[PDB]
Amino acid sequence: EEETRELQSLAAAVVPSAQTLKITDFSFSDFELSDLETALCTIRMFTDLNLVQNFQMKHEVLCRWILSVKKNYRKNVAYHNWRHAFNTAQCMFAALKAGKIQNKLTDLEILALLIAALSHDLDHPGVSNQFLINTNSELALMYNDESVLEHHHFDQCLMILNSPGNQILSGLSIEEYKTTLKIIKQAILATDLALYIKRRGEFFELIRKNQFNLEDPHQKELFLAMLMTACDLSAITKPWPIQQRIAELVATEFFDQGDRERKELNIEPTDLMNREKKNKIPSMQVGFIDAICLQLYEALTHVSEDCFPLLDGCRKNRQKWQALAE
Ligand SMILES: CCCc1nn(C)c2c(=O)[nH]c(-c3cc(S(=O)(=O)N4CCN(C)CC4)ccc3OCC)nc12
Ligand SMILES: [Mg+2]
Ligand SMILES: [Zn+2]
């Protein structure tokens, strides 16, 4: 049996310190790590955020839950796979520790954010919401064309949290368990960039006016949404060699969607989805940075100056892509 053999390699392995694993570093790369090592790093994130302790999680159950999450990503999808989820969670961990956000949030909020980060792209098919709408997918029918993928990832998140031996939330009060599932749903839906674009203006306005206040529950929920997007997009902040490699993965997934469009829908893909247009990736990345990323990382740095490395890396990669676009 291959599954029991993975569980045993994992629950008996020593979990190295966060310092040894480099998971506190905003610049962290997963590329040299084995699958088992990514699982050990995940355990370390739950432990050093005091979640295992504060929520009385049994080791074996956390181990089983992590391996269930990992297995429920599609390995053949080029970008939206377990490594992206793992890296998103790692960025969350770095933001909370190095970025000093941990002290601004409750243990219950942190718990939800970490589970949401790990689960937020579960079972991603490697095509966009717009593709799912255009093909009349059963998912888009179930969810009325609204954040289709994200509703699906949340469904998958609940399926895993409820599977026998994977119940990492069992130590909570019933009221706190319900509140936590609601925060997880909000966090996963927030990763729909359509919702990011709708909500960002309010966030930026509060910061511009010098009025942002995390003690206000509405502003706190807005912040959690923004933080999820910041972690989700964080490959754009990484050291140049890592960003170049990840950008190639993103483009591979987009081009594969375009190939499906050309055959299943008989349409001409747009340049973003057309492999013929690979030479345009530098200009497309500069556009992505300018339209979406820069202002988000600027805004996050206002909330915590210790998150500056994310902004710094984003700006460095903009220069690198712009030089290739010329
Ligand atoms: C859903 C994927 C979001 C995303 N994550 N990361 C790390 C990237 C990235 O590096 N690039 C792009 C990207 C965005 C645009 S875009 O801003 O123009 N954009 C197209 C996609 N939609 C959904 C939003 C707008 C164009 C090209 C891109 O990648 C080329 C490798 N998207 C993401
Ligand atoms: Mg997603
Ligand atoms: Zn994602």
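Heads up: numbering here begins at 1 and tracks the sequence. When a ligand or atom number is given, it counts from 1 through the structure's own listing order. Header lists the method as X-ray crystallography, 1.3 Å. Computation of the quantities below employed the complete heavy-atom set of this structure, encompassing side-chain atoms and omitting hydrogens, waters and symmetry-equivalent molecules.
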Can you peek at the structure and tell me the main thing ligand 1 is bound to, named as in UniProt? cGMP-specific 3',5'-cyclic phosphodiesterase
### Query
Which drug among sorafenib, lotrafiban, sildenafil, raltitrexed occupies the position at ligand 1?
sildenafil
Interfacing atoms of sildenafil (cut-off 4.0 Å, heavy-atom, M284):
27 (C)
- Query: Protein heavy-atom contact under 4.0 Å for atom 27 (C) of sildenafil?
  - Reply: yes
Item to complete: Name the UniProt domain of chain A that holds most residues touching sildenafil.
Response: PDEase
query: Tell me, which protein residue and heavy-atom name are nearest atom 25 (C) of sildenafil, and how many Å apart are they?
result: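 Scanning the protein heavy atoms, the shortest distance from atom 25 (C) of sildenafil goes to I292 CD1, 4.5 Å.
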Give the residue and atom name of whichever protein heavy atom lies nearest to atom 15 (C) of sildenafil, and the separation in Å to one decimal.
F288 CB, 4.0 Å
Item to complete: Do me a favour and list the nearest non-hydrogen protein atom to atom 20 (C) of sildenafil with residue, atom name and distance?
Response: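 Nearest neighbour among protein heavy atoms for atom 20 (C) of sildenafil, to 0.1 Å: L272 CD2, 3.2 Å.
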Item checked: Nearest neighbour in protein (non-hydrogen) for atom 11 (N) of sildenafil ->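 Result: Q285 OE1, 2.8 Å.
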* Asked: Within a distance of under 4.0 Å, is there any protein heavy atom near atom 23 (C) of sildenafil?
  -> no
Does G287 have a non-hydrogen atom less than 4.0 Å from sildenafil?
no
Might you check, step by step, whether the distance between atom 18 (O) of sildenafil and some protein heavy atom is under 4.0 Å?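 It does not: no protein heavy atom is found less than 4.0 Å away from atom 18 (O) of sildenafil.
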Shortest protein heavy-atom distance from atom 7 (C) of sildenafil, along with the residue and atom involved: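 The answer is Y79 OH, 3.4 Å.
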Where's the contact between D232 and sildenafil, heavy-atom distance under 4.0 Å: side chain, backbone, both or neither?
neither
Please identify which atoms of sildenafil are closer than 4.0 Å to at least one heavy atom of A247.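 Listed by number with element, the hits are 31 (C).
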Exercise for the section: Mark up the atoms of sildenafil that fall under 4.0 Å of a heavy atom belonging to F254, in ascending order. Expected result: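 Atoms satisfying the 4.0 Å criterion: 13 (C), 28 (C), 29 (O).
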